[PDB]
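Below is one structure, written out as structure tokens; the observations come after it.
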Amino acid sequence: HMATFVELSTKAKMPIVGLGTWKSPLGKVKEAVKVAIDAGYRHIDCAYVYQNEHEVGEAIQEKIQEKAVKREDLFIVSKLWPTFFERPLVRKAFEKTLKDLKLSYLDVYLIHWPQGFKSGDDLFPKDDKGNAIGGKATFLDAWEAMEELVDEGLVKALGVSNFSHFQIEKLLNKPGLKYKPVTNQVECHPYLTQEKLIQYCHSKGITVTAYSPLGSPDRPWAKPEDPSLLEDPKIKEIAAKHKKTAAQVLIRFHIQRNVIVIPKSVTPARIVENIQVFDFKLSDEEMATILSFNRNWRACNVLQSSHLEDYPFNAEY
Ligand SMILES: NC(=O)c1ccc[n+]([C@@H]2O[C@H](COP(=O)([O-])OP(=O)(O)OC[C@H]3O[C@@H](n4cnc5c(N)ncnc54)[C@H](OP(=O)(O)O)[C@@H]3O)[C@@H](O)[C@H]2O)c1
Ligand SMILES: COc1ccc2c(C(=S)N(C)CC(=O)O)cccc2c1C(F)(F)F
């Protein structure tokens, strides 16, 4: 199935469902991407910190070599991790991502998190204790380096992730800004419906990409008492009606809000199921019901970074 597009401010077309790759093992992610491309996926969400981009790259190159897909029809997103915000490190980190992915360009390159981390060998540099150690460079510094990539044709568009509206304002207000973000990739699902942030982003011509749309049940820190979207009986009730799965309803929820969504799986049958979401529709009542489930609950609150200056989640939205 071909996912529907969401038009970006650049007029590029971003497929509304993509494949997530956080936690996808080296040993499984290459097959996951191959299965996804065969099943009609064109958008793949990647990151340097996921430490699996080289296997994603192998999958894409092989599919292009087998004439299963053309590069112009793929939509590949990656992200700049916050230990690489210093000018020279932006370029080096990008170059490693691009080399690993075996691509000539990225469709979108995101600021992964706004709050900067100390540069050095460690991906997760620690206080003592282990709250995050902050960095010298800020996301505004990083953005300027990222703009170079767009000028040089290495990236078609920039975006942000885990930004509050205040942080988007800071960016949009930056003197000498060359490129505006095309998306804000944030956690979004029926327990964190992001009404105000989505309103704000859309009002600025910025799309929203919903991460952890199934509640990230495989996040390492899940506790059995934590909210569970996939086992929510009211979600299951609405799925059963449609003869669909819970997952499919959780994905379709975003589509109907014109929000891009990136469910992760390495299980072939689930990869295929998760893009089977364009032949049913949730009713207005069903959408209103699911919207009403908001709990302000984050699977990814990253509280160890909450003392850093640009920690995003102290703002209302
Ligand atoms: N920008 C950011 O800061 C950030 C943060 C978090 C996530 N993300 C992105 O968003 C993607 C999605 O979020 P996520 O990985 O946190 O979690 P998710 O997509 O909400 O949930 C993934 C989990 O759901 C399972 N699953 C997938 N399809 C299913 C189905 N149809 N039925 C039952 N279980 C199913 C997967 O199992 P199997 O894989 O075993 O099948 C995996 O355990 C990430 O992979 C990443 O690309 C970005
Ligand atoms: C900005 O801080 C982050 C950001 C991401 C993480 C992750 C990752 S890689 N994810 C939540 C996935 C992602 O950011 O895409 C895992 C553990 C701690 C993190 C932390 C932190 F260590 F603080 F808790």
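Numbering starts at 1 and runs along the sequence shown. Whatever order the structure lists ligands and atoms in, that order sets their numbers, starting from 1.
As PDB records put it, the drug at ligand 2 is tolrestat.
The name the PDB entry gives to the main binding partner of tolrestat (ligand 2) in this structure is Aldo-keto reductase family 1 member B10. At least one N or O atom of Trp113, backbone or side chain, sits closer than 3.5 Å to an N or O atom of tolrestat (ligand 2).
With a heavy-atom cut-off of 4.0 Å, tolrestat (ligand 2) reaches these UniProt substrate-binding residues of chain A: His112. Less than 4.0 Å from tolrestat (ligand 2), one finds the following other ligands and ions: ligand 1 (NADP nicotinamide-adenine-dinucleotide phosphate). Taking UniProt's list of NADP(+)-binding residues in chain A, a heavy atom lies under 4.0 Å from tolrestat (ligand 2) for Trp22. Nearest to tolrestat (ligand 2) among the UniProt active-site residues of chain A, at a heavy-atom distance rounded to 1 Å, is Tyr50, 3 Å.
Taking a 4.0 Å cut-off on heavy atoms, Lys79 fails to register as neighbouring tolrestat (ligand 2).
Closest protein heavy atom to atom 21 (C) of tolrestat (ligand 2): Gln304 CG, 3.4 Å. At a 4.0 Å cut-off, at least one heavy atom of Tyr50 sits close enough to tolrestat (ligand 2) to count as contact. The set of residues with a heavy atom less than 4.0 Å from tolrestat (ligand 2) is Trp22, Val49, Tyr50, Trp81, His112, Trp113, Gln115, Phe117, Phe124, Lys126, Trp221, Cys300, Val302, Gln304, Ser305.
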Can you pull every nitrogen or oxygen pair between tolrestat (ligand 2) and the protein closer than 3.5 angstrom?
from, atom 1, to, atom 2, distance (Å)
tolrestat (ligand 2), 14 (O), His112, NE2, 3.1
tolrestat (ligand 2), 14 (O), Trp113, NE1, 2.8
tolrestat (ligand 2), 15 (O), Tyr50, OH, 2.6
tolrestat (ligand 2), 15 (O), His112, NE2, 2.7

